[PDB]
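Everything below concerns the one structure shown next.
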Amino acid sequence: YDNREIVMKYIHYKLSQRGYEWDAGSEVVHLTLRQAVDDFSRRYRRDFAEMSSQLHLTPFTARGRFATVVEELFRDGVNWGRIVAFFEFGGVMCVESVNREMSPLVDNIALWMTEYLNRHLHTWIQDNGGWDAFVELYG
Ligand SMILES: CC1(C)CCC(CN2CCN(c3ccc(C(=O)NS(=O)(=O)c4ccc(NCC5CCOCC5)c([N+](=O)[O-])c4)c(Oc4cnc5[nH]ccc5c4)c3)CC2)=C(c2ccc(Cl)cc2)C1
Ligand SMILES: [Cl-]
């Protein structure tokens, strides 16, 4: 499995489902993630809605805001649900970057998500069965 491909295909899906074609953006993990993320957004739509309105996103503060939320999301540890929420939050910032006329941020956000998966979540994901376990548990 490829963390970068999973991030890239999700963002392209999230932005396309908001009417935007993201330029820079096995098959079962993408399908399972997109369904799990949609399920999470449905169940926590108010949190999704209020997260966009409270971001105060500028190119100067974008990374500090991304890192602060991701830090808090995994402060108490990692599970598959928080990983799904991690993807959904990354989608918020990408849609919000496009809405606020800051589409270049999508490529930076894609990189920050890939880095976090490669360097901080990778060991937990591998030790808890990898994405194979994720698709088995929820796909
Ligand atoms: C500053 C902040 C950090 C503060 C906090 C918040 C918001 N928080 C984030 C964490 N959150 C969590 C965390 C864990 C869990 C969980 O139970 N975990 S679990 O037991 O491992 C698991 C259980 C079920 C599925 N799947 C169901 C399947 C059913 C059949 O269809 C396919 C899917 C999965 N799974 O991996 O799919 C995994 C969870 O509950 C659910 C419930 N239903 C879910 N459906 C999909 C995921 C999911 C999680 C919700 C609560 C909300 C902030 C915030 C704000 C906006 C955005 Cl945008 C983001 C974050 C900001
Ligand atoms: Cl990386």
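Count residues from 1 along the sequence. Every number for a ligand or one of its atoms is a count from 1 in the order of the listing. Header entry for method reads X-ray crystallography, 2.2 Å. The figures that follow rest on heavy atoms only: side chains count, while hydrogens, waters and symmetry mates do not.
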Name of the drug or drug candidate at ligand 1?
-> venetoclax
For venetoclax in this structure, which bound macromolecule has the most atom pairs within 4.5 Å, going by UniProt?
-> Apoptosis regulator Bcl-2
Venetoclax: binding-site residues, heavy-atom cut-off 4.0 Å | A36, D39, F40, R43, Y44, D47, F48, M51, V69, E72, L73, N79, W80, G81, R82, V84, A85, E88, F89, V92, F134, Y138
Please check atom 38 (C) of venetoclax for a protein heavy-atom neighbour under 4.0 Å.
-> yes
Covalent linkage of venetoclax: residue, atom = none
Could you tell me whether some N/O pair between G81 and venetoclax is separated by less than 3.5 angstrom?
-> yes
Heavy atom of protein inside 4.0 Å of atom 56 (C) of venetoclax, strictly below = yes
What is the closest protein heavy atom to atom 31 (O) of venetoclax, and at what distance does it sit?
-> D39 CG, 4.2 Å
Which residue supplies the protein heavy atom nearest to atom 50 (C) of venetoclax, what is that atom called, and how far is it?
-> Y44 OH, 3.8 Å
Can you find a protein heavy atom closer to atom 17 (O) of venetoclax than 4.0 Å?
-> no
Heavy atom of protein inside 4.0 Å of atom 6 (C) of venetoclax, strictly below | no
What residue and atom, counting heavy atoms only, is the protein's closest point to atom 61 (C) of venetoclax, and at what distance?
-> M51 CE, 3.9 Å
Would you mind checking which non-hydrogen protein atom is closest to atom 24 (C) of venetoclax, with the distance to 0.1 Å?
-> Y138 CE2, 3.9 Å
For atom 20 (O) of venetoclax, is the nearest protein heavy atom under 4.0 Å away?
-> no
Tell me, which protein residue and heavy-atom name are nearest atom 10 (C) of venetoclax, and how many Å apart are they?
-> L73 CD1, 3.9 Å
